[PDB]
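Inspection log for the structure reproduced underneath, given as structure tokens.
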Number of protein chains: 2
Amino acid sequence: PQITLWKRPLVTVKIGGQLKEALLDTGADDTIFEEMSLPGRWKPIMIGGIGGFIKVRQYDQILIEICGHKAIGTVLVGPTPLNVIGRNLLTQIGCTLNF
Amino acid sequence: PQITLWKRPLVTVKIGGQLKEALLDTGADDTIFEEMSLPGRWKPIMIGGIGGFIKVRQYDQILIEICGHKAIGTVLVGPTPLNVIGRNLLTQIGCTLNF
Ligand SMILES: CCC[C@@]1(CCc2ccccc2)CC(O)=C([C@H](CC)c2cccc(NS(=O)(=O)c3ccc(C(F)(F)F)cn3)c2)C(=O)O1
């Protein structure tokens, strides 16, 4: 679709068999979800943004679907204030910024 | 322009007659810049990032040229990993998300 930015660009995403609301964030290098269960192996890492750093669990090769678009990539899990879809996954659904 | 997301959406901006780099960030409600001088009076604001909360200084009606487009709006100044253009100015330059 074409999404205006008058409000936060929140979308429904299918991940780990659940439906969840997530923010489309062009400034995020990576994708971070609040605490949730995901399959497979993970490692602890540290990511930073406004307000500093948080420790998160890195899961690789995770399937996502955003508005009918399927993708696969790394998904992080930890104490983010909300679920955020970052560029590693926005590219895969063919998301661009236009003006 | 159409900006893809394989790299960080960093653009050159002109603020206070100076050239600076800033991130185009649809995940940010607001625009925040690293410590700098801006004209006029300021008000106190607290904002959340993925790392937690920071206190910032809020300046109104600040002229900023973003990738050659003029915007005049609210600019926050505080401790940030980098300069961030949020939705308040992304909307002024006519930016949408497309996929
Ligand atoms: C001005 C605050 C902006 C924002 C708001 C989050 C929010 C939204 C609604 C409610 C509450 C909070 C969105 C955002 O993109 C980031 C940063 C990038 C600037 C962010 C987001 C997601 C992940 C990261 N970590 S990272 O390792 O993937 C990373 C590290 C650095 C950068 C860099 F480009 F900013 F340097 C981008 N990404 C950072 C953030 O920390 O908070």
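Letters A, B, ... label the chains, following the sequence lines from first to last. For chain A, we keep the numbers from the PDB entry: what you see runs 1-99, in order. For chain B, we keep the numbers from the PDB entry: what you see runs 1-99, in order. Counting convention: from 1, in listed order, for ligands and their atoms alike. According to its header, this structure was worked out by X-ray crystallography, 2.0 Å. Excluded from the calculations below are hydrogen atoms, water molecules and symmetry mates; all remaining heavy atoms, backbone and side chain alike, are included.
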Checklist entry - Which of the following is located at ligand 1: anamorelin, selatogrel, tipranavir, rilzabrutinib? => result tipranavir
Checklist entry - For tipranavir (ligand 1), which chain gives the most heavy-atom pairs within 4.5 Å, and what name does the PDB entry use for it? => result protease
Checklist entry - Which other chains have one or more heavy atoms under 4.0 Å from any atom of tipranavir (ligand 1)? => result A, B
Checklist entry - What are the neighbouring residues of tipranavir (ligand 1) within 4.0 Å, counting only heavy atoms? => result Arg8(A), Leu23(A), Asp25(A), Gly27(A), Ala28(A), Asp29(A), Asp30(A), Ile32(A), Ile47(A), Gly48(A), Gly49(A), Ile50(A), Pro81(A), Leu82(A), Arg8(B), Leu23(B), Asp25(B), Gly27(B), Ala28(B), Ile32(B), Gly48(B), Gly49(B), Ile50(B), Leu82(B)
Item to check | Covalent linkage of tipranavir (ligand 1): residue, atom | outcome: none
Next on the checklist: Just to confirm my output: which protein heavy-atom neighbour is closest to atom 37 (C) of tipranavir (ligand 1), and how far is it?
Outcome noted: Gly27(A) O, 3.2 Å
Item to check | Under 3.5 Å: N/O of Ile50(A) near N/O of tipranavir (ligand 1) | outcome: yes
Item to check | N or O pair under 3.5 Å between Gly48(A) and tipranavir (ligand 1) | outcome: yes
Checklist entry - What are the atoms of tipranavir (ligand 1), with element, lying closer than 4.0 Å to any heavy atom of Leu23(B)? => result 19 (C), 34 (F), 35 (F)
Checklist entry - For chain A, what organism does the entry report? => result Human immunodeficiency virus 1
Next on the checklist: Quick test: of every protein heavy atom, which one is nearest to atom 22 (C) of tipranavir (ligand 1), and how far off is it to 0.1 Å?
Outcome noted: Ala28(A) CB, 3.3 Å
Item to check | Shortest protein heavy-atom distance from atom 27 (O) of tipranavir (ligand 1), along with the residue and atom involved | outcome: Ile47(A) CB, 3.6 Å
Checklist entry - Which tipranavir (ligand 1) atoms does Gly49(A) reach within 4.0 Å, using its non-hydrogen atoms? => result 39 (C), 41 (O)
Checklist entry - Identify the closest protein heavy atom to atom 13 (C) of tipranavir (ligand 1): which residue and atom is it, and at what distance? => result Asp25(A) OD2, 3.3 Å
Checklist entry - Which protein non-hydrogen atom lies closest to atom 31 (C) of tipranavir (ligand 1), naming both residue and atom, and how far is it? => result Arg8(B) NH2, 3.5 Å
Next on the checklist: Considering both backbone and side-chain atoms of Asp30(B), is one of its nitrogen or oxygen atoms within less than 3.5 Å of a nitrogen or oxygen in tipranavir (ligand 1)?
Outcome noted: no
Next on the checklist: What protein heavy atom lies closest to atom 35 (F) of tipranavir (ligand 1)? Include the residue and the distance to one decimal.
Outcome noted: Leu82(B) CD2, 3.1 Å
